[PDB]
Amino acid sequence: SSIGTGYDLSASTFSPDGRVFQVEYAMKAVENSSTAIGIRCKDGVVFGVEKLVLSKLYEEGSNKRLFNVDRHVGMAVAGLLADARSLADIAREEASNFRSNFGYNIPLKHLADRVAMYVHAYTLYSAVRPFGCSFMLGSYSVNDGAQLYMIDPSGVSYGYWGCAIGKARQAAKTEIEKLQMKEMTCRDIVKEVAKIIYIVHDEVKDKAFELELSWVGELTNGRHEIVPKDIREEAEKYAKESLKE
Amino acid sequence: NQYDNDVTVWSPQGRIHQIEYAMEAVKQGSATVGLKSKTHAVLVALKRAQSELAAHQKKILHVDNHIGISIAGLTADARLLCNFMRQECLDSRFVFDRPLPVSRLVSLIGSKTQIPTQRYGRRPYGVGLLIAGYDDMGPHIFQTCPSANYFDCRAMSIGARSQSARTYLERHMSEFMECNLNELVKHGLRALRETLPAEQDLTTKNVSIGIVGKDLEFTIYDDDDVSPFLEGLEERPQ
Amino acid sequence: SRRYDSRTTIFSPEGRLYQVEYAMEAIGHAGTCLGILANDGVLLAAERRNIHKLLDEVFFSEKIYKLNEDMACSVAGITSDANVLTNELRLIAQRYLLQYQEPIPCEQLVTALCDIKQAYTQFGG
Amino acid sequence: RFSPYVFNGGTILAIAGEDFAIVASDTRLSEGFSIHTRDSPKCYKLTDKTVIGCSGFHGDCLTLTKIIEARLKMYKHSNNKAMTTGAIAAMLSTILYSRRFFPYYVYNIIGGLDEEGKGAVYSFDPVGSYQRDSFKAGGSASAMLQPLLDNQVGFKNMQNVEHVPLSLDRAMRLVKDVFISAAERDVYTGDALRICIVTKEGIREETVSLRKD
Amino acid sequence: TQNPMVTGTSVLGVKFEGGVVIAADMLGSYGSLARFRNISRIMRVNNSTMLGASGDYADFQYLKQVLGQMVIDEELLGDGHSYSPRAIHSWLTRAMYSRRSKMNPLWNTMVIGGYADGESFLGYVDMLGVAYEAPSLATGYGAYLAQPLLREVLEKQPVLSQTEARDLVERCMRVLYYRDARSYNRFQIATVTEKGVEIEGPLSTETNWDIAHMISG
Amino acid sequence: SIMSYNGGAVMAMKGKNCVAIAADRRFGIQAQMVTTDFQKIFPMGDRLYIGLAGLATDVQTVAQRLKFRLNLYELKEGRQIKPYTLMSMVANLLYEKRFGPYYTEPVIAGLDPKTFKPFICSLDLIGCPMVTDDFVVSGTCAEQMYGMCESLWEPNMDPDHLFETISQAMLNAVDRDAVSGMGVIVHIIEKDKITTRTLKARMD
Amino acid sequence: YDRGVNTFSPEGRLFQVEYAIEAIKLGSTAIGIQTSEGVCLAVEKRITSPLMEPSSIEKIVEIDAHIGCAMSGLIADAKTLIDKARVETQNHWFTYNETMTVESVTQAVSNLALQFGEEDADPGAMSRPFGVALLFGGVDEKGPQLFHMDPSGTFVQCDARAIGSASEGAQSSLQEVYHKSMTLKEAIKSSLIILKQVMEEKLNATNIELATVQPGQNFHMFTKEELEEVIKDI
Amino acid sequence: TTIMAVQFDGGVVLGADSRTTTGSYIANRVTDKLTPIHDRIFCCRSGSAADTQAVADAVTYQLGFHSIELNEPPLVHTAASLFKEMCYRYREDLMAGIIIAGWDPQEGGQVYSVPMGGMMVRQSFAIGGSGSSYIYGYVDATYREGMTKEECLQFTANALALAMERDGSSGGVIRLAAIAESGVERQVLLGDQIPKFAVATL
Amino acid sequence: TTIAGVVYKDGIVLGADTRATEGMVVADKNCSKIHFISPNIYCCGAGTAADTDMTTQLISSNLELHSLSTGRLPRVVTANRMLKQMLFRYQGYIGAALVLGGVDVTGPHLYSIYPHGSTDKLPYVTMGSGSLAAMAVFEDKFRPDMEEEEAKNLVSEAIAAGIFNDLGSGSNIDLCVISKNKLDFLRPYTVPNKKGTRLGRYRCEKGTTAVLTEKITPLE
Ligand SMILES: *[C@](O)([C@H](C)CO)[C@H](CC(C)C)NC(=O)[C@H](Cc1ccccc1)NC(=O)[C@H](CC(C)C)NC(=O)[C@H](CCc1ccccc1)NC(=O)CN1CCOCC1
Ligand SMILES: CC(C)C[C@H](NC(=O)[C@H](CCc1ccccc1)NC(=O)CN1CCOCC1)C(=O)N[C@@H](Cc1ccccc1)C(=O)N[C@@H](CC(C)C)[C@@H](O)[C@H](C)CO
C-alpha cells in the first residue's frame, strides 16, 4: 500500500495497481486533523467538533469547524480548513441557486450530491489538486425527515445514522455504535456527543481543546443553529463526569 | 524533494510543502503586535531599515476609516491584498452606505487567498496580516496566513522572533480587556520590544502605531507622533 | 504539466534548435528529390517511395503538387505535414490572386509559407 | 418607449471670497408637478476644504456623489494626502466626460478653498466642461440668480462705483436674497435654503426658510 | 422590463412614535382589468425592515426573491451584524439605478419602512434610481391624493401615535379607493416596531355613497 | 431599387450540342453611363461561363470569390468542374450571406466537360438554383427578355440559329430598357470551339 | 531540475526574484544622494569600445520635469518600467491637473513587481521578474526625495543610496560622508569621488553621467562642460 | 384561445378550446392545448404557438432531468417555477400565457398562473386566453368552494362553452383533462356534447 | 405555392404545385417542391425558396448522420423536432413553411411546420398562398382511412384548386405516396396546364443579326 515513483504526483495519473495517490494523500491530510463527529436521531441531527486550541491568544469561537450552509442545512468539517471553507462557499452557492431556480429549500441528498460532484471534479486533472478535507451535511424537515450525509476528498457521498472524521475516526465510531439513536432525541443526543468527543480526545499528545456543538431538527423548527451555552455546558459537565469511570 | 515545487502536489504525509514554504515568508519580515481592549484596537509595528541611510519600511497600512492592517512578508503581496481589502470596503460603502463588518472582510480574504493554493502554476500569498478594526461588535484583531487560514484574536504577534511577544501577550490577556488606550499601546510596545536583544530597544525612528476605536478612526503615528507613547515606559530588564 | 512538456521551441546551449535538426534528420531518410533550372524551363525529379506492385495509381503524381497555374512544388519528409503545407500554399496563392488580381510571385509564396514554419519554430510549443 | 431621465429641479449657487467659499442650494425635490420632499439639500461635503453642489436628475446626483466619495477615498489611499479642490474639479471633469455618450443629467458647482487659503468656485456642464469662477449659479433658477450677482458682485453696468471686495456677511445676505427672489418665480425652487460656508475653521451649515408653494 | 404587464397601484407609508406603517391594496391589474384580486404587495425584509411595491408585479417578485436570498445569506453568518433599513434602501437604490442604466429597468416604485436603533425609517426608490427619505410617502395616485392629506397632518403634528397613523392610513386608502380607478377595496397594512414586522390580513374600507342622492338639488 | 442602380442584362440559351450566353456592356451609375465595355460574363473554365447582373461591385466580388473557390476546387480535385457542381458552389457562396446578400443574380451556361450535355441555370441573390432546358434571364429588363425568349426559342437549334435567337432576344429586350444596353456581347460555346461576338446595337 | 516561476524556497522566498537580485550585481553602479537643495544621481557608463558612441548610453532618464530615474542591471527590462512611469505621471496630470509625488510614481512602478507567471495568466503577461534596480530622485511638495526599488517590488526612501556591482563598498563610503545637511555641490562631489574609487576605468567627462533635480530647477542632465567643471576639483 | 383550470380536493381539472388562428383564418380547428409536462403535471397554453410549444418542450426537458436527479415525483410548484423563470427572463421576447396545473404527493392538486408578465401565483381556479375576458363574470358568479371533481368538470365545460360562443378567436372542440393520484383522464366534448344556452329570439 | 398532405389507411400522400415566382412574374414553370429528407420521409416546401431548400437539405443531412449512427430508420418526430427548433431559433427570419410526411416504425405521420417554429400534427394539412382552396377541398371531401388512389385523387384535387384559384400557384401537380413498404415519387403526376402552340414562325435566319466583332477560339 505504498508506491511513489512518479505515479503519485498527479490526479490525472493512475498507479500501476489502479490507484490515485493524490486523493489518498488528501485523505491522509483529513486523517491528521482533529476528530469531528455527527449523529442523527429520530428528530434531527447533532454535530460535535473537537476544535483544538493552538494558542490561548485566540478568541473563543475562532476557526469554526461548524458552518451554516443553508438555513436548514449545517456543515461539519475535518482537515485543511481553508479548503473546507471554500467548500462551504460552494455548498452555500449551490443551495442559493437551487432556491432561486426551483423555489424551495434544497433537499439534503441533492445538495450533498452536487457538492460531491464538484469535489470529484478535482480528482481528475493535473491542473488542480483534490480538496484536503472531509465534511458532513446535516438537515431536518417534516416532509423530508432527519438526514445526515458525508463526503470525502474523492467525491464519495453517503447517508449515515452516525459518522465521524479525523484522527480517532474508528475510536469514535465504536463509541457511536453503542448508542440507539434511532429511538433517542436530539436533546439527549447532545450529551452523548460531547461524551464521545471527550472520550476520543487525547489529553496527552494534543493540548487544550474547545468543543463545538450544532442543532438541526424539530426542536429548532428545521433551522440549523448553534447549541445554546446552557445545553453545551450541561453536556460538557456530563462528559467530564462520565470520564471518571 | 519531489513534492516541493508545486502547490497542487500533496506529500505522502498529507502536507503541501509550497504552502508551508510560503508560511516561512512571514517569519522573514520584522515582528509586529496587535491587541484589543474593549473600546480600542491597536497595532504596533517594528519598522526595519536596510542601512542607516535608508528610511524605515512601512508596516502599517490604511484600509478603511474603521479598518487598518499590519503586514509581515512580501511587500508586493501585502500591497495586493491591501488594495483588495480597500476595494471590498469601498464596494460595501457604495452598495450599502455602511462600513463593511471586519469579520466578513477577513472571510473574503480567506476565500481569495485560498484559490491560488489549489491551481497549477499559481502560488500562495507570501504575506501575513494583522487586522485591527472596529464595528458594532466592538474592536477586532484578526490574523491571516499564506495558508488562507484566519484567526480571531484577543492578542497576536507575527514575524521574526515574535515568539517573545506572543509569550508576553499570553500573560497580559486578562489585563487587556479593561486597559485604557495608553495602557493598551504600552502593552503592545512591551510585547514588541520583547522581540529584541538588550543591546537595542524601541525608538521614534523604528516604531509605528495604528489605532482604531469607538472614539477614533484608524490613524497612523510614525515619528514625532510616537513619542507621547514611548515616553511613559519602564526601563526594561536585561 | 510542466513535466510532460518536451520544450519544442527552445534554444540548445550551443545556440540551436534541436527539433529542427532532428526534422532535418527525418528529411534525410526521405526519397531523393532534386530540381534544375534551365533557360527554356525548369524541372523537378524525385525518387518514389510508394513503389509496390499492389499500388493503385489514381493520382497524376505522388510527390509533385500543383500550387498555382504558374507554379508547382515537390516535397521531402513526412507526407502528411507535406499535405498540410501544400494545401496552405494553395490557399495563400488564391488569397494573393483574390487581392491583386494577378498570380503571386514565387518568392512571395515561398516566404509566406516559411513565415508559418518559422512561427512554428519560435512559439506555440 | 422608456426614458432613463427625469428632471427633479433644484437651484445651486457658489460664491468665492478672499478667505471663504459659500455653497448654497434649495431643499426641494420635485417631479412633474409634485413635491417628492421638502427636506432634500443639494449640498454635499466632500472634504474639509471642499463642498459640492449637484442639481438635476436625482438618480445621477446620488450616483455621481457616491462615486466622488469612493474616488476621494481611493486618492487618499494612493497618495497619502487629501484631494485639493482643483484636483477634485479636474477629476470631476474626467468622470463627467466618461459618460460623454450617456451623460449624467447633473449640473455641478464646486466651492472651496485653494492651496493658498483663498476661495474658489468651479462651474461644470453635464459632460465635464468646467471653469474657475468667483461666483456662479446653476440649476433651474440659474438665469434668475446670475444677473444680480453680475451686477452686485461683478459691479457690471455700474458707473463710478467702488470695487470693494465681497465680505462674508454681504455675500450671505446676497445668497439669501437671490434665493428668496427665485422662490417667487421658479416653481422648482422653494421650501428651504441650505447654505454651506467654508473657511480655514471648517464648514458651517445654515438653513434659511423659503415659501412652500 | 420595457412594457409592464400585471401591475399594482399606490403604496403608502408614514412614520409614528416607535415605528413605521405601510399600506397597499391586494390587486394585480392587467390594464383596466382587476385580474388578480388577492396578492400581497408587501414583503418582510428581515425583522427591522419591510417593503411595499408599486408597478409590475413580476419584477417585484424578482426583487422579493433576491432580497430574500440576501437576508438568508446574511443570516447564515450570524456574525452579529444585520442589514439596517437604510442599508437595504441604499442597496435597492443601487440596483434600480443599475437596471435603469442598462436601459432595462425594473418597472417598480417602492417604499421601504423600518425601525432600528430607536429611529423610524421611511425611504422611497424610483425605477430610475431616484431615492429619498421622508416622514410620509405615497406612490402613484397616492402621491396626488393621499400625500397631501399626510403632509397636512405631519406639518400640524410631526409625531403621531401608532393608532393615529393607522387612522390616517385608513382614511387615505378610502380616498384612494374613491378616486383611483385601478385600486381595490381589499388592502394590507404592515407595521415595524421594536417587536418586529407585522402584516395584518385582508382589510376592507367602509364607504359612504350618500352623495348619490344629490343629483337634483 | 438597389439592383437598378447599375442596371444591366444577362441571358442564357440552350442549343443542340451547344450553349449560349449574352450580356449588355453598359456600366452606369443610375442614369449616367461611365463605361461601354464592362465585363459581366466570366469564364469559370473551358466550356463553362457565368454571367452576373445587378450591383456592379457584387458582380465583380462574387465573380472573384467564385474564381477563388473554383481554383481551389480544381486544385484539390484533379478535374475540371461540372456545371451542376458550379451551380451548387455559387448557391452556397450566395447563401452564406443570407442576411446580408450580394445584389447580383448569376446565370450559368456551359457544357458538361465529360459529356457535352448543355446546361443552363440561374440563381437568387441568396442562391436559390433554377435549371431550365430553354432559357434563363436576369436583369433590370427581365420581363422584356422573357417576352422575347418565350416567342423566339426553339428546341434543337444549331450554333447559328441559337446565335440569331439569343441576339435578337437580347437586342430587342435591352432596347426597351433605359439602363441596359450600350452594346451586347454574345458567347456561343460548343464542344470544339468558343465564338465571341459583339453585336451592332443602339448606344442611347 | 526545473520548477515553476512562482515557486517558493524552503526559506520563504521566490527563486526567480532572488535570482534577479543576483542579476543586479552585474550592472553598472549608480549613486543617488538626497539633499535639501536637491537630489543628485550619478552613474558609470561602462564603455566597452572606443567605437561605441557614449551619448547613446543613458542609465539616467527623465520620468517627468520634476522626477529623474537611475537604473542598474538589465537595461532592456528597465525601458518598459520607465515608459510605464512616464505614462502614469502623464495620466495623473491629465486626471487631477497636478504633478505626482515621487513616492506615488515609485509605488506605481513597484506595482509591476510580481506581475509574472505561467498558468492562469494573459497571453502577453510577463514570464519573469524585471532584472533591474531603480533610484527615483525628484522634488515634490515634501521637497527633495530619493527612492530605491528592487525586483522584489519593495521600495523605500533613502537619504543616500548606491546600487550595482560596487553596491556594498560605495554604500560604506556613502555612510562615511553623509550628514543630513550637505549642500548639493558636496553631494555631487562625494558621488563622483566614490564613483572614481569603485570604477575600474579612469573617471572622465565621457565615462559617466550625472543629473540633478532641485526645488527651483527642472530635471537637468549635466553636459560635458559642467561634468568637466565638477571633475576639475577632483 | 381560452384556457381554464379548477382545483378540487384530490386533484385538478383542465380545459381548453381547440382553435388556432393566423389572422382571421383558422390554421387548426382542433388544437391540443393541454400539454403534458410530467406524469401528473399538465400546462395550458395561450399566446404564440411557437413560443408556448418551445417553452413547454424546454420545461418538460428540465423537469424530467430534475425529477430523475431527485428520484421523486416533481412538485407542481417546481414545474410552475421553471415556466416562471423562462417566461420572466424572456418576457420581452415571448408571448405566452400559461396555466400550470396538476397533482403532487406533497401539496395535492395545484393550479398556478403564469401570465405574460412572468409573475406566478397559485389560484383556486384560473382562466386565460383571449376568450377568458368574456367569462370573468360567469366564473365569478358560479364558483363555489368544495366543488366535486365532476362539478369542476361541468364548470369548466360550461365556462369554456360560453367563451367559445362569444370569442371569435376561440371555438372548435372542448378538451378536458382530469388529474389526480389515480392518473390522467382526458376527454373531448364535440358538437351536441358542448353545452348550449338559450339565445334570445323575439 | 400550394402544398398539401394527407394521411390514409396505408400511409401518406404529399402534393405540391411547381410554380416559382419573383414579383408577379413566373420565374420557374417546373419547380420541385417535394423534398427528400430520409428514404421514408419527404417534405413539401413553401415560402422563401432558398430557405426551404437549405433547411430541408440540412435536416436531411442531419437525419442521414442520425440513422447512420443508430442503424435504424429515422422517425418523423425527429425531423419535426429538428425543423421546429431550428426555425424557432431564427424567430421566423427563415421563410420556410413545410409539410412533413413520413412512415415510421410507429406508422404514418403528417406535420405542418410554420416558419416561426410551431408545428401541428393533423390527418390533413395545407400550406402556401393557395392553402385556403386546398384546405376547402380537404374539408369538403376527406374521410379517415382512404385507399391510396382515393387519397391521391383528393390531394391532386386540392393542389389543383390551389393552382387555378391562386395567382401564386401554377403548372404541374407533383405527388409523393409513402406507405409502410413503397415510395412512389410521381413527378409530373398531372400536367393540367399547357402552353398554347405557336401560330407563327419568328425564326431569324442566319445573317439578320449585324455583327461588329468576332473571335473564334478552339478548344479540345
Ligand atoms: C390563442 O391564443 C387564441 C385563439 C387567440 O389568439 C391561439 C392559440 C395558440 C396557443 C396557438 N393563438 C393564435 O392563434 C396565434 C396568435 C399570434 C399571432 C402573432 C404572434 C403571436 C401569436 N396564431 C399563431 O401564432 C400562428 C401560428 C400558426 C401559423 C398556426 N402564427 C401567427 O399568428 C403569425 C406570427 C408570426 C409573426 C408575424 C409578424 C412578426 C413576428 C412574428 N402571424 C401572421 O400574420 C402569419 N402570416 C403572415 C400574415 O398572413 C397570415 C400568415
Ligand atoms: C424565382 C425563384 C428561383 C425564387 C424566388 N426568389 C426571389 O424572389 C428572390 C427573393 C430573395 C429574398 C431575399 C430576402 C428575403 C427573402 C427573399 N428575389 C430575387 O432573387 C431578386 N430580387 C431582388 C430585388 O427584386 C425583387 C427580387 C422566390 O423565392 N420565390 C418564392 C416567393 C417569395 C416569398 C417571399 C420572398 C420572396 C419570394 C416562391 O416561389 N415560393 C413558392 C414556394 C417554393 C419556391 C418553395 C410559393 O410559395 C408559391 C410559388 C408562391 O410564391
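Throughout, a chain's letter reflects where its sequence line sits, starting with A, and its residues are numbered from 1. According to its header, the structure was obtained by X-ray crystallography, 2.9 Å. Ligands are counted one by one from 1 in listed order, and the atoms in each one are counted from 1 as well. Not the full deposit; the contacts listed refer only to the portion displayed. Atoms considered below: every heavy atom in the structure, side chains included; atoms not considered: hydrogens, waters and symmetry mates.
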Chain with most contacts to ligand 2 (name per the PDB entry): Proteasome subunit beta type-7
- prompt: At ligand 2, which drug or drug candidate appears?
  reply: carfilzomib (bound form)
- prompt: Other chains near carfilzomib (bound form, ligand 2) with a heavy-atom separation under 4.0 Å: which ones?
  reply: F, I
- prompt: Among residues UniProt annotates as active site in chain I, which lies closest to carfilzomib (bound form, ligand 2), and at what heavy-atom distance, rounded to 1 Å?
  reply: I:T1, 2 Å
query: Which organism, per the PDB entry, is the source of chain I?
result: Homo sapiens
message: Just wondering, how does the entry name chain F?
response: Proteasome subunit beta type-3
Non-hydrogen contacts within 4.0 Å of carfilzomib (bound form, ligand 2): F:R98, F:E105, F:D124, F:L125, F:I126, F:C128, I:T1, I:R19, I:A20, I:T21, I:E22, I:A27, I:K33, I:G45, I:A46, I:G47, I:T48, I:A49, I:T52, I:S129, I:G168
